[PDB]
Every structure is written in C-alpha cells, then in structure tokens.
Amino acid sequence: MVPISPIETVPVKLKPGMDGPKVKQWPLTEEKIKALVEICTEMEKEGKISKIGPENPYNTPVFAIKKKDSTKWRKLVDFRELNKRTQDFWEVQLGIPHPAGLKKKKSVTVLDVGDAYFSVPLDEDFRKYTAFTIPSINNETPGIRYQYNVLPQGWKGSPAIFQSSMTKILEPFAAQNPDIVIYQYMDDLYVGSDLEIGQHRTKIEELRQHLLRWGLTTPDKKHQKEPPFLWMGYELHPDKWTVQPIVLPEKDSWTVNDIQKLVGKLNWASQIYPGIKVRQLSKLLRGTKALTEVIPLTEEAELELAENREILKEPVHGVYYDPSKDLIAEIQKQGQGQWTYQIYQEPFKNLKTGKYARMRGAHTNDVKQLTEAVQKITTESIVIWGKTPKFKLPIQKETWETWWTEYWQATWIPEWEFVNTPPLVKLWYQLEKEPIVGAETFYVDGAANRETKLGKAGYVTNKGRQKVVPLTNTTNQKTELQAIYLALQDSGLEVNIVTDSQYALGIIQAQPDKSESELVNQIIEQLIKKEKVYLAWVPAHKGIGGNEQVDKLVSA
Amino acid sequence: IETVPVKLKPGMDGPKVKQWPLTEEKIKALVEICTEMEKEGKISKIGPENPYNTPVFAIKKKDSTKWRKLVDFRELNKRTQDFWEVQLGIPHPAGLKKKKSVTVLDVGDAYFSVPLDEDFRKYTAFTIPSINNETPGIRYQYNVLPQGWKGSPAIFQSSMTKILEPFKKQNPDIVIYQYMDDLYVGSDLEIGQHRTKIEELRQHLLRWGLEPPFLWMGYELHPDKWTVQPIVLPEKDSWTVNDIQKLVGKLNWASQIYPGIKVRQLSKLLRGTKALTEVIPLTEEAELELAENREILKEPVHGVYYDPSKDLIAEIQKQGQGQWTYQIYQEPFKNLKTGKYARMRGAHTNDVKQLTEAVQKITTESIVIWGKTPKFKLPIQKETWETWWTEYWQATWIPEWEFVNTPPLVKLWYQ
Ligand SMILES: Cc1cc(/C=C/C#N)cc(C)c1Nc1ccnc(Nc2ccc(C#N)cc2)n1
Ligand SMILES: N#Cc1c(N)cccc1F
Ligand SMILES: [Mg+2]
C-alpha cells in the first residue's frame, strides 16, 4: 500500500444548550425495509456508516424514495431536526464570481471529485448525533442502528466542511502553479489556463497526482461537460460569457406572479443586455401581493415590455476582464428615475451592463441620482475587478462644479469626463446668495385650521401688491408651500421671497427637480422660469414687518 | 505570557460582520502583512466551524509609504465585557488638553507580545477577500492581543505601566495617556526639547521589545492653541432689512442657548413691508437691545457639564470654500466644545476627503479632552460616505456615525 495523508476533521458542536435529535422513525413497508438494508450494507462496507449499540439515545428518520421510472429505491436520511440543532458555519459560497470579472482562458478542464467527498471524515465526537434506525421486518426485532463516519448528504455542515477540506488540499498546488486557476462547484473542479494544450494536460495529470496524496481518485474517462458551461444562470465560453437564454412569454393577460417572474428575468438580463427597463412593470406590483390577481397593463407598461422584447431579440455577449487595460463606465439617463450603464475596456465590447433606479423618496433631482448611480457602480466594480472605473457621464464639468461647491452636503464622484450624449443632467434653477436690488420683495404666509382643513395662503409686497386665497382640505404645510407658489406666479423675472416656513426651506434647500408633491412640482416649474430668486427665512411670530402683516391675513 | 480570562457580555454572540469590498492594492497589502503575521505566530488560519467575522482593511498612516492593517473591531468592542477588574482605563487626565505639545505614538505593535485567551480567539476572526470572490477568502484569527480591540490596552495596561516607570519618575511633569493603540505624550517643553523626550520614550519600548513598523512616527498636536467658536453678531454702520432679518433669526436661535436674549426692539425696526435691500437706521432702543445681547453672548452657557456616562455627539456643517464648523455636546444647546477648520489637507476639490479629515481631527480632540470618541452626525448621504471614507482614513480607531439627510437651518448661524 501507498500511505495517504488523512483529511483533518473539523470539530463540530451543537448550538449552546441544545442536545441532539430524538426523532421517531416512521413505519416502513416490508419492501422499503429490505431496500434500505441492502443500501446500508453497501454503505457500511464502504466505511460511510457504522452499526452502533443501543446506548446511543439519538435518532433521525430515514425514508425510501422510488427513483422515478426505475425499480431502484433510494435512501433519504431526513436531517432537518439535527440541522436546527447544529452550529452555524462559515459559508464561502455567499459571494459568487461575476463572469465579467473572470479572465479569458484557452483551456478549461473539469475533474470529478465526487469520490473525494466521502473521504472527508466527520468529527468523531459529533457522529453520535447522526444516528438513524432501519425498522425491522414486522417490528419483531430491534431496528438496525447506524451512525455516519463521513459528511452526510443533507446535513447542515457538509457543504462548508467539504469546501474547506478541498481548499486546504488544493492550496499548495494553486500556490506552486500560479499559471492556472482552479474553482470548485458541487463535486467538480474546473481548471483553467493559458498554457498550450500539452502543458495544460500535464498540469491536470499533476493535479490528479497531487490529489492521490490524500487517496482521492478522479475518473480517467474525462468529463463529459465541456465549454460552454451552464453555471448559476450564465453561459461561460472560453473567450466570452452571457446569460442563459431569456425568453419573455406571450400572454393575453398578466398575473401578479407573472409580472414578478417577468421583472426577475429582465433584471437578470440587464447585466449584459443594454438598456433594459423595468420601472413601469414594477409599478404594477406596488403594494399588492395576491399572487393570482390579474392586473391590466398600462399603455406605458406595454411600451416598456415592447421595448424590452426588441432588446432581447438576438443574443448579446460580454467579454472577459483584461487587467492590463483601464475599466470605463458610461451612464445614461433613461427617464422616470431609471439609469443605465455599460462597463467596457475596448470601445463597443462591454464586460457587462446594468441599471440603477431612483430610491423611494419625497423629493429628488437628477444630479443626486447620477451621484448614487456612480457610487453603486463604483462599489460593484470594487467587488468584481478590485478597482474604480473611469467614468463617462452626461453632465458638464461646470455643472458638477457648481453643484458640489454649493450643495449643503459633502459629495464626491471619482475621476470622470463629460460625454455629450443627451439627455444631459443639468441644474434647473439656482437660488441667489444675496437679496436682489430692484426686485420686488414678497412676504408670504399660509395657515390652516386642523379641524376644518380650511386655510389661507398669500403674500404682501413692498409695492403694495397683495393676495390672499381661501383654501379647503389643506394643512399648515400645504398652505406654506401654496404661499411661495403664489409669490412665484405673481412676480416678475427677479424676486425676493420672505417666508417663515422651516418646512418649505428644508425642501427648497434640498434642491429638488421633481417631487411626489404636485405643489412642490408647481414651485419647481415657476423657479425654472425665473432669472433670479432669493429665498429669505425669518422666525414666525416675532413682529417682523411684512411677515407679521401677511400672517394676520392668512390666519384669519 | 499567561492569558487574562476574557468573556463577551451576557446573552451576546460573537460578531458576524460582513467584509466590505476591498481594492486590489489593499488585498495585496493585507495578504503580505498577514503572511508575515502568521509566520510570527500572531495569527493562525481557521476553519469553517468558526462563523464569526470582523471587517479588515488597510491604511497609510499620515506621512508614510507602508500599509498598516486596520481591523474594524467596533462590533466586537461593543460586545466585549467591560474591563473593571482593578484599573478602570485610568481616570481621564484633565491636564493633557493643557499641554503645549502632545505627540501621538502608534504603540499597537507592543500588544502582539501578549497571548490572547485561547477561548476568546475565535471572536477575532477576519477574512481577506479575493477579487471577484474567485478564490476562497483567507480566514484568520488572532493568537495575541489585536490592534484596535478594546481589550488590548486593558490587558496590556499592567505591562505598559511597568515599561514607562523609569521614564515617568525621570520626567514627572509629562502627561502620558493611552487610548486604544495610541499613546499621547504631552509636555510644556520647547518642541526641539519635546521631540527629544519623545525619542527618549521610543527607546524604552525599543529596549523592552528586544521591530515595530510605525513606532518611529509622531503626530504632533498643540492643544493649548485649540480655538473655539463663541456666538458673534455683525458690527455694521448700514443695516439692510435683510441684515436685520438675519440678525433677528440668529438671535432667536441663540435665545435657546442663552436665556435673556431679546429681539423685540430689533424686530420693531422692520415695521411695514419693506424692500429687502432697503437700509434701516438703528434706533437707540434697538441699539441698546443689541449691545445687551452682545454682552450676554460673552458669557459661558449656563448648566453645561460633562457626564462620563452619556454619549458625546458631534455635528459638522459644510460652510464652503474648504471651511467646516462643528459642535460637540451631550444635551441639545449645551455645547461642550465648538470649532472651525479650513486647512483641510490636499483636498481642495474633494468634499468627502475633507469631511473624513475633519472627522479624524474632531475624534482626536475628543480623545484628548474626555478620553472617548463621539458619535458623529455627518452631512453626507450614507452611500457616498460608505463608498469613500476608508480611502482617506489615517487613524487606528474608528468612531460611530449617522447621516443627516435634511439641511439644518442652523448652518447659517455657525458661519
Ligand atoms: C469562477 C470559475 C467558474 C468556472 C466554471 C463554472 C462552471 N460550470 C471555472 C473557473 C475556472 C472559474 N474560475 C475562474 C477564475 C478566473 N478566470 C476564469 N475564467 C474563465 C472561466 C471559464 C471559462 C469558460 N468556458 C472561461 C474563462 N475562471
Ligand atoms: N479551487 C480552489 C482553490 C484555489 N484556486 C486556491 C486556493 C485554494 C483553493 F481551494
Ligand atoms: Mg404664520
């Protein structure tokens, strides 16, 4: 015999305070019992389980399932109860590689390591918790009792411990062979390289020889799987990648559930198909979650769906990452809070694409949304490539400079250049820093009664211009905005406005260009038409002239 | 060399904090650092039975070329038992903030000489991620006191007091205060004198050590020159309507801090509905009221006290042109310190780098004055801050923060 290195066991514990499972074995038919005994005798001969005495008090139920269209029974040990009681483990699969971060490879070989799986021993002190019982024929003798010596299929810790064990074994090979990449998925190792096929196949042989040090055998008849690989919803090819086929169904009427599956397909597609849009289709999912309810598609949702079908007409592929070249990210505004982007290195060859949607909020503007989209792409790019792309943005350098120097928050976007591709992001209005000489001064106020919802909004000016409007179904906040709106409506192109509304100042100082409030939207439209606006705040109820007069008029 | 027993607080599991995305340069640096640390026995590889995690990244301390590993133990620090066995982290020295020169030393390398309690090590787990998750993240835990963990200065305290006994009795007027991985050394000497005493200090830790990669550095502060921001009102010969409205607005705000502030006579100047730019002469009654307000604003705020049991809160306002104002308080309108910056380092076109530097400087002031870090209210969108602050961070501790999404009207009053 050739000595082999043992695979070190991972020590395993139950959660604090918990004991092992003690679950009743279900009754089985005489036919299922004979099948399980045969199966377990083979497993025992292979070292995977061992018979135990009657002292062990734990138990997990075992089942027999007919492998469909076969007289072959299959065993199922149901570890749901032990899993609830088993400690949490470190999970590595949490982060999956994105295809766009991979490197092109000339050759990728697959190796089956299914037999290696159960060379992995289970912590000797944990085995007792895996006990199960085959019932006896006619229940006239004690059932046969077994426990696992290897990682059981379906037990909570088996994926993590298998992965950790294989990683430890592969570490030295990978380190001493930096000209290959190795990736484990399920019971297969994928080995890629840029070596000529001869040297590449030599590396594979050497890996098989390395694995033999632990007694892990790999099939000689080489794997049937060969590029392209279907993996995690992608298609990986040697020199390009894409998503698996995206087919939007034809439907005369659409259900809640159908729309959820359509949006999921579109979201999946948006990582390589440029320009996918989902706003109007996601609008139909607002609030409701009755999975069978039918919703009429608005005309705007049909337009969006139609546009997406066109985008999905023919296949699109991404290229892989070349670390020797800069990464570039370009962003376009699509309308209704939607943004789309492409990341590339050579012109017209995208590594990937994607999209960003406006966050839920009362007020917003395009510059803020562009900024959020940039941060999202930056963070995604650190994940995939470990570096920030150079940005191409549809906003003039002078617009950005004005925005960030005057904005009340700190804000930053990394190295970028203007791309003159409409629609451009611009500043729709800017307020004055100083009062305007020669411009009429409007002192505005509004008030409402909380019981009747009746209110008033209005202004008085230094020229004696005055207006008060009676309002119904309103609030203090709404009347304060209404007063500013009236002053904007009734003034010339330059205007000073004096308000005591901290609420209205808080909104206007946020510089929105769009709002969920149609009153704020009306104010924005008036601001866009002015040449100069200065907005001054004063405290309420302090005898400030102008403010005092109009407050009396509107609170009457 | 024998381990101090360490526990978490009751009914409290270890940290399970997600590792955030790291650039290629920071991953390469951490791989190199951690490979060395592992060889030196400071850390060891761990297996999947350890599910804990604390984030790690890397920084370049101010004026250096070499990466420093920085573990973000904020969560582990919250969950770690409090250390009151005997010495209570030393009653804060109130004289440190009065010295002419305070030099900050990174002494964290000293902690690696003390082993960490075998049963507590698992809670120090961290992961070096790989780009695109292409290879399994490298998992380690600490075998020795880690830098940045609250327990390390506490457990090492006994050994630190003994290292500097010779230097302390030789230099009894020197204030030496330890916070986390920093040693703060304050004297009233001339700076050339000061730097020599600092270098004297380094040798005590060099000689005890027998090499620390950042012990040679020195961050020089001068707390006796630290400036504050009282409330001041304009002195003008011509007041416009707009000027007086701004004045009454600022005085109304100040009257929440100072009882006897009045605005009645000033408001009366505005009787009518006048153009904002029209000049209004001050009457005698309004001038008297204004002088009386100025006099009130020269006195300290009443009923201001520091409570070591309460959080310190720091607010910051962006004033433009590189200028930042800030206030530290525990109760609203009871400021314990206010201040203003402008000399923000090589960041004339980067708001977020300037804010990150401001945050560090305020935290340093907080440590020097009260011995703990404040909770920041930052004028920035969470996503922007989280994407960038680690690129500009140069301190070995990390404070807590929250985000301000609505523009404060009071920014005007601190300008
Ligand atoms: C993540 C990953 C999944 C699979 C396979 C998963 C499955 N099924 C195979 C490999 C080798 C890898 N690892 C890496 C690492 C770096 N570059 C690459 N590039 C790369 C991979 C596959 C193809 C192809 N065809 C081309 C290039 N792959
Ligand atoms: N697969 C794999 C792998 C790898 N590429 C590097 C280190 C350890 C591992 F397990
Ligand atoms: Mg009013």
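Lettering follows sequence order; numbering is per chain, from 1. All heavy atoms count here, side chains included; hydrogens, waters and symmetry mates do not. First listed ligand is number 1; within each ligand, the first listed atom is number 1.
Checking rilpivirine, rafoxanide, tenofovir diphosphate, roflumilast against ligand 1, the answer is rilpivirine.
Lab note: most contacts to rilpivirine come from the chain the PDB entry lists as Reverse transcriptase/ribonuclease H. Other chains near rilpivirine (heavy atoms under 4.0 Å), by letter: A, B. The closest heavy-atom contact to atom 28 (N) of rilpivirine, among the options A:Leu102, A:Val108, A:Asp194, comes from A:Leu102. Near A:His237, the atoms of rilpivirine lying under 4.0 angstrom from a non-hydrogen atom of the residue are 23 (C), 24 (C), 25 (N), 26 (C).
Heavy-atom proximity to A:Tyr320, at under 4.0 Å, picks out these atoms of rilpivirine: 23 (C), 26 (C), 27 (C). Nearest to atom 17 (N) of rilpivirine by heavy-atom distance, out of A:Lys103, A:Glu226, A:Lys225, is A:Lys103. Closest to atom 7 (C) of rilpivirine by heavy atom, among A:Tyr234, A:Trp231, A:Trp241, is A:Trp231. Looking at the PDB entry, one finds chain B under the name p51 RT. Binding site of rilpivirine at 4.0 Å, heavy atoms: A:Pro97, A:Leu102, A:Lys103, A:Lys105, A:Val108, A:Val181, A:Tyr183, A:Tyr190, A:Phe229, A:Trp231, A:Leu236, A:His237, A:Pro238, A:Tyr320, B:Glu134.
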Measure from every N or O atom of rilpivirine to the protein's N or O atoms and keep only the pairs below 3.5 Å, writing each with atom names and distance to 0.1 Å.
unit_1, atom_1, unit_2, atom_2, d
rilpivirine, 8 (N), A:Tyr190, OH, 3.4
rilpivirine, 17 (N), A:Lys103, N, 3.2
rilpivirine, 19 (N), A:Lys103, O, 2.7
rilpivirine, 25 (N), A:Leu236, O, 3.3
rilpivirine, 25 (N), A:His237, O, 3.3

